[PDB]
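Drug on board: grazoprevir.
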Amino acid sequence: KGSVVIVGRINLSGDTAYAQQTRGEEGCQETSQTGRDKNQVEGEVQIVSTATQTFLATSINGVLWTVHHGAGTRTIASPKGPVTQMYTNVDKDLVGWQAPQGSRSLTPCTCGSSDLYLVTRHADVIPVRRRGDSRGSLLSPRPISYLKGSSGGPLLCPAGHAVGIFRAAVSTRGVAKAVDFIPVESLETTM
Ligand SMILES: C=C[C@@H]1C[C@]1(NC(=O)[C@@H]1C[C@@H]2CN1C(=O)[C@H](C(C)(C)C)NC(=O)O[C@@H]1C[C@H]1CCCCCc1nc3ccc(OC)cc3nc1O2)C(=O)NS(=O)(=O)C1CC1
Ligand SMILES: [Zn+2]
């Protein structure tokens, strides 16, 4: 298997949630084999890719987190070569690396607000209501197909801080009315 490769980012930039592709497929190939990636990186939310899967990853207090069902145990390519996972937990569906060169990191949420916001791979910011340890309800139902490819992306509080990592969708006949995520407290405990 190859290294995970950053192929873009989801910009909250200044005002607009928009997606920025920074690498093509072809280049994704050679880079996964070497794990050496000089391509420029920015921001908190990365679009990450394997040979078969595209999903997201989020930097929180110096660690780049994503889902195990996306990354597995792979390294992630960097300018100084392939980066080995700092944290792994198959049961939680969680993996972490040292935040990449060029990135910014999110702050853990400390305000306890139930008003959350899920960022998707499509660069949509979707309102969510905290409804338990690892669960939050959507204000608007959406088909799964819409959310697919967004695991590893962040759930944010109204202050912009990180509340969790998107893990799975709670679906009924293919309609998602809630989301399952890894809470930051769970990250802090994994560390
Ligand atoms: C947008 C949709 C959603 C965020 C996404 N997550 C999934 O699709 C997960 C993967 C797998 C099935 N998923 C689901 O969401 C299902 C599904 C019916 C398919 C919607 N929903 C579901 O279980 O409801 C259950 C009540 C909750 C409680 C149980 C959830 C279990 C969570 C889970 N843990 C592990 C630990 C270790 C593993 O080793 C290989 C593998 C795992 N796989 C898991 O779920 C996503 O976008 N992925 S992705 O980006 O396209 C892909 C590129 C990476
Ligand atoms: Zn907060």
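Note that chain A is numbered according to the PDB entry, with residues 989-1179 shown in order. These values consider heavy atoms only, across backbone and side chains, with no hydrogens, waters or symmetry-generated copies. For ligands, and for the atoms within them, numbers begin at 1 and follow the listed sequence.
Counting all copies, grazoprevir can be found at ligand 1. In the deposited model, most contacts to grazoprevir involve the chain that the PDB entry calls NS3 protease. Listed by number with element, the atoms of grazoprevir under 4.0 Å from a non-hydrogen atom of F1154 are 1 (C), 2 (C), 3 (C), 4 (C). Heavy atoms of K1136 found under 4.0 angstrom from grazoprevir belong to the backbone as well as the side chain.
In the vicinity of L1135, heavy-atom distances shorter than 4.0 Å reach the grazoprevir atoms 1 (C), 47 (O). Counting heavy atoms closer than 4.0 Å to grazoprevir, residue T1042 contributes backbone atoms (N, CA, C, O) but none from C-beta onward. In terms of polar-atom proximity, defined here as any N/O pair under 3.5 Å, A1157 does make such a contact with grazoprevir. Between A1059, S1139, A1156, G1137, it is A1156 that holds the heavy atom closest to atom 30 (C) of grazoprevir.
At a 4.0 Å heavy-atom cut-off, grazoprevir does not touch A1164 at all. Heavy atoms of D1168 come nearer than 4.0 angstrom to grazoprevir in no pair at all. Relative to atom 41 (C) of grazoprevir, the option among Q1041, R1155, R1123, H1057 with the closest non-hydrogen atom is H1057.
Under a 4.0 Å criterion applied to the non-hydrogen atoms of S1138, grazoprevir contributes the atoms 47 (O), 50 (O). Using a 4.0 Å heavy-atom cut-off, the binding site of grazoprevir is formed by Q1041, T1042, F1043, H1056, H1057, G1058, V1078, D1081, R1123, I1132, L1135, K1136, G1137, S1138, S1139, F1154, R1155, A1156, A1157.
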